Structure formats: structure tokens, C-alpha cells
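By convention in this document, chain letters (A, B, ...) are assigned in the order of the sequence lines, proteins followed by strands, and residues within each chain are numbered from 1.
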Amino acid sequence: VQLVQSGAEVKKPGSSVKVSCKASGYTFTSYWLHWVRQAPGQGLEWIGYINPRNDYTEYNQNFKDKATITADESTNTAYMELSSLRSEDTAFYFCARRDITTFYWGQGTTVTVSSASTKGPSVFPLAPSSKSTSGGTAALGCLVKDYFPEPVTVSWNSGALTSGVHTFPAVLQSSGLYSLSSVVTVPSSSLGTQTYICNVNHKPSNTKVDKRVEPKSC
Amino acid sequence: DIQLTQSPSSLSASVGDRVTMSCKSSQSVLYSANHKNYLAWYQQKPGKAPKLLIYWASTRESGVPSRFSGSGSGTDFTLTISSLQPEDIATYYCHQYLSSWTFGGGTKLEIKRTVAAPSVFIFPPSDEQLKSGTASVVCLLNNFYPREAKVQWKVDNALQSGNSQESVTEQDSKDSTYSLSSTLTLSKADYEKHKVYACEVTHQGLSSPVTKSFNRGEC
């Protein structure tokens with residue numbers, strides 16, 4: 001008894017996108033199916049709903065020129081289509097239904113609207129030095145710059161190193177390309193006596209890079 | 001239609017505290033036919049779907065810890081967390097389903113802890129990026145609390161505007177701190193035009209602003 005939504009979407013402005021929501025383990029026509037939007041860093045906003053039994057639909061006033069909700073009882077699948085995509089349509093989209101006992105939400109679908117095109121990142125070292133040392137603590141990392149779209153995944157020493165590893169949220173540059181830093185906090189004594197390698201993967205561009213981060217002497 | 005007002009918008013409390021957040025509707029959500037309040041409370045973690053905690057204002061969801069409880073009827077509702085736990089760092093939403101769905105603005109809950117100044121680190125651009133024709137300087141603020149911090153980039157004591165970007169991690173589940181990473185990006189020719197590169201960090205845990213700096217060519 002779960003709602004399964006289609007995968008992440010990356011779209012150019014002016015295009016359309018149709019996201020799917022498959023319902024399983026219950027009677028599809030017995031309950032209204034709603035769609036809800038969440039822009040980045042924002043709250044939850046209701047889009048509209050469909051009664052799958054008679055295809056009756058009602059929408060939030062703010063989405064009338066944007067969203068079209070449909071359903072197919074024969075496949076037990078609901079759809080929400082967005083027309084003439086613009087940058088402000090970049091958000092999280094959830095389908096949700098209400099039961100007598102509980103609520104069921106889909107896992108969510110991100111829609112990213114951008115004119116940028118797919119590009120693998122460059123992986124540059126963040127070399128440790130006295131400038132990145134405080135007491136018995138040193139910082140080192142990798143700068144993963146100029147990639148599109150999301151996501152990139154970073155492991156350290158092929159997965160053998162997890163303590164002190166934190167990857168920051170990517171930043172969207174004016175170029176429309178993402179940039180991300182992954183750093184590791186290590187004992188200062190390990191600099192020069194321990195090998196640190198960052199493993200970067202960007203699957204949209206089939207990019208796979210292993211960068212050794214070697215200390216600088218300054 | 002039926003508006004929902006949540007307060008506070010943010011909450012900071014220590015592990016073990018009792019925490020309450022309120023949701024007030026512009027109209028009553030108590031239905032006359034079944035005397036049920038059409039109000040629900042959700043917990044949402046970043047990147048994830050909202051998780052249902054309470055339905056019909058006071059009925060707790062099956063798997064939800066008994067520390068969560070919902071109270072109120074009509075237009076005034078409260079979600080209570082009896083003993084705040086570290087896994088409760090999230091954004092909480094109220095949701096009325098009597099009429100067409102509307103949501104509260106959310107309550108962002110964080111853990112309160114002893115003030116911790118950031119360790120400040122700076123990284124000069126790599127030889128590989130410079131060969132490519134650009135220079136990015138990274139300033140790192142590690143394990144500070146509270147989240148509010150100011151990072152200013154200065155090139156030869158000139159404050160920089162429009163060439164840097166920062167991002168902050170979610171609050172750490174073990175030590176309740178934040179970390180911040182800021183990248184200043186210049187063209188290689190512009191980088192080679194100046195000597196001193198510094199990030200000035202202001203934070204409540206710092207008696208005075210700290211500067212991490214280097215000179216071009218020294219590393």
C-alpha cells in the first residue's frame with residue numbers, strides 16, 4: 001500500500017513534463033489523489049486533486065495555467081503534467097492520498113528546469129597545510145566544480161574512510177553549473193603519513209575520478 | 001481558503017526538553033457530521049517525503065514514538081514532543097484536509113547546544129585548476145553553533161562581492177553543530193593581480209573576527 005512516483009527529471013525551459021504516481025495495494029478509484037509542490041527551501045503547497053472514479057479535478061488557483069492532473073483506472077496510475085516549464089517550476093512534487101486510517105505520500109519527484117546541458121565536473125584537490133590546521137586537527141578535501149546535472153557522489157579511499165567526512169550541499173553558479181566540496185577532518189599527525197583519495201562519480205556524464213590529495217608545505 | 005498559521009517558524013531546544021508548536025486555522029476544521037477535526041501533523045527530513053505523525057488532531061500514527069502527541073479542537077491545535085531527541089531535527093508541518101488541502105508554514109526544529117566557535121581553514125587554488133585558467137579559494141568553517149555566521153572574502157583588503165558562494169550542512173546528529181564551505185572564484189589573470197587572499201569569519205563564539213589568509217605563491 002504505497003504510492004510510487006517516477007524518477008527525477010531535468011528539463012529545458014519551454015518543455016513539458018508528465019510525472020507519474022502508481023498506486024498499489026488498494027482500490028485506485030476509491031480515493032482522491034492529490035499533488036503537492038515544494039519549492040527548494042520552501043513549504044508544502046497543494047496543487048490539486050483528481051477523483052479517479054469520474055476524472056473530476058480541482059486545482060489550486062495558482063496552478064491553473066501550469067498543471068494538469070489525469071488518472072487511468074485501467075493501469076491504476078495517476079499523472080501530473082506541467083506545461084511550458086520555467087525556472088520557478090524547479091521543485092519537489094509529491095502525490096498523496098488520504099485513507100480512513102492514514103495518509104499515503106509518494107516518495108517525491110524532483111523537476112529541475114535549466115538551460116544548462118550535461119557536463120562532467122573537474123575534481124581539484126583542497127590541499128592540507130598549516131592554513132588548514134588547528135591544533136591536532138587538519139582539514140583536506142576535494143572541490144568538485146562545474147557539473148550538471150545533480151548529483152555527484154563522493155567516497156574517500158574507495159569507501160574505507162568515513163570518519164570526519166562531510167560533503168556540503170552543491171551550489172548553483174551563475175553559469176548554471178553546480179559546484180560542491182567534500183572535506184575530511186583528520187588528525188594533523190596523519191598528514192604525509194596517510195594517503196587520502198577522493199572518489200568522485202557523476203553518472204550523467206559517465207565521469208569517474210580518483211584524486212589523491214597531497215599536503216602542501218606552507 | 002482555510003489558512004493555517006504555525007508558530008514558531010523555528011525552534012531551538014536541548015535534548016530531553018519538552019517542545020510544543022502551534023497551528024491555528026482561519027476557520028474551524030471540526031466537521032459536524034462525525035465531530036472529527038480534519039488536522040494532521042507531519043515530520044519532514046530534507047529531501048524526503050513528509051512523515052505522518054498525528055491524524056484527526058489527536059490520533060497518533062501506529063509506528064510513531066509515544067513522545068509525539070497532538071491536542072486541540074476547532075481552530076487551535078498543538079503538537080507536543082515530550083522529550084526532544086536528536087533524531088527529531090526536522091521541519092514540522094500541520095495540514096488541514098476538511099476543505100481543499102492547505103498547510104502551515106512549518107516549524108524548523110534544531111538542537112540547542114553550547115556555543116562553539118568555528119575552526120577556520122583556507123585552501124589555495126590547486127595547480128590543476130590554475131593550469132585550466134581559473135582560481136577558486138575555499139574557506140571552511142567547521143563544527144560551529146549556532147548556525148549564524150558571516151564569511152567575508154578580502155583580496156588585498158578589498159571586500160569581495162558577487163564572486164563567492166557558500167553552502168551550509170544540515171545540523172550534525174552527533175554534536176549538533178553546523179559546517180560551512182565558501183568558494184571565491186576569480187579568473188587566473190585576476191588572481192595573479194593580487195597578493196593577499198583572506199576570509200574573515202564572524203561568529204558568536206568568536207570574541208573578535210578571525211582571519212585566515214595566505215599570499216599568492218607561498219603554497
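- The drug located at chains A and B is named epratuzumab.
- The molecule name in the entry for chain A reads Epratuzumab Fab Heavy Chain.
- The entry refers to chain B by the name Epratuzumab Fab Light Chain.
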